[PDB]
Q: 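Structure: Bromodomain-containing protein 4 in complex with dinaciclib.
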Amino acid sequence: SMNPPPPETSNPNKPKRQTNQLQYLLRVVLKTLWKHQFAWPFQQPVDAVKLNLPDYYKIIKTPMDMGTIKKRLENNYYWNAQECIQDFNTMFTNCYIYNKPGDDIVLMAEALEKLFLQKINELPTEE
Ligand SMILES: CCc1cnn2c(NCc3ccc[n+](O)c3)cc(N3CCCC[C@H]3CCO)nc12
Ligand SMILES: CCc1cnn2c(NCc3ccc[n+](O)c3)cc(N3CCCC[C@H]3CCO)nc12
């Protein structure tokens, strides 16, 4: 009945690299999603103590949110662009998993996911 600690966002012992892909994922993909009208419930970890969703962390064992993703990109936590893509997909599917078809929050996630898909369509190619 407590929240878990948020996902890890730093690790100064992971080797770091910059790539066109990871730069795009921050400066275009994360940025565009963050500014979307439906982004606000996805900008931080689900707070199941403030929100009254008590079974949330019984159901969602791989939490993810765009606040975390932003930190991970900023701290060069990701080596492969796909690690970041995976985290966006985990965020969307967690919303689908906890909730049910037709729920307002699921329609918000679906809209954000469609946007995600249009932006990643233009991801630069891997090195
Ligand atoms: C307005 C501030 C706020 C936002 N969430 N939240 C919650 N969340 C729990 C929750 C969620 C859904 C239904 N219910 O019934 C409770 C409790 C709570 N408070 C209870 C304890 C005494 C203080 C009082 C305000 C804080 O100091 N205040 C807040
Ligand atoms: C990724 C965030 C998330 C996942 N589930 N969920 C729920 N689920 C409950 C539920 C049930 C039936 C219909 N709907 O629409 C939702 C609500 C909720 N929030 C409260 C309502 C305003 C937005 C938003 C704020 C806090 O993240 N946020 C979330």
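Quick note: numbers on chain A are straight from the PDB entry, i.e. 42-168, in order. Values below: all heavy atoms of this structure, side chains included; hydrogens, waters and symmetry mates excluded. In each ligand, atom 1 is the first atom listed, and ligand 1 is the first ligand listed.
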Q: Identify the binding-site residues of dinaciclib (ligand 2) at 4.0 Å, heavy atoms only.
A: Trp81, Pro82, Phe83, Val87, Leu92, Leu94, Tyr139, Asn140, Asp144, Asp145, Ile146
Q: Got the closest protein heavy atom to atom 20 (C) of dinaciclib (ligand 2), with its distance?
A: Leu92 CD2, 4.9 Å
Q: Which organism is chain A attributed to in the entry?
A: Homo sapiens
Q: For dinaciclib (ligand 2), which atoms sit closer than 4.0 Å to a heavy atom of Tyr139?
A: 5 (N), 8 (N)
Q: Provide, to 0.1 Å, the distance between atom 23 (C) of dinaciclib (ligand 2) and the closest protein heavy atom, together with that atom's residue and name.
A: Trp81 CH2, 3.5 Å
Q: How far is atom 24 (C) of dinaciclib (ligand 2) from its nearest protein heavy atom, and which residue and atom is that?
A: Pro82 CB, 3.9 Å
Q: Is it the case that dinaciclib (ligand 2) has an N or O less than 3.5 angstrom from some N or O of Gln85?
A: no
Q: Which single UniProt domain of chain A covers most of the interface with dinaciclib (ligand 2)?
A: Bromo 1
Q: Report the nearest protein non-hydrogen atom to atom 10 (C) of dinaciclib (ligand 2): residue, atom name, distance rounded to 0.1 Å.
A: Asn140 OD1, 3.5 Å
Q: Is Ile146 close to dinaciclib (ligand 2), meaning an N/O of one under 3.5 Å from an N/O of the other?
A: yes
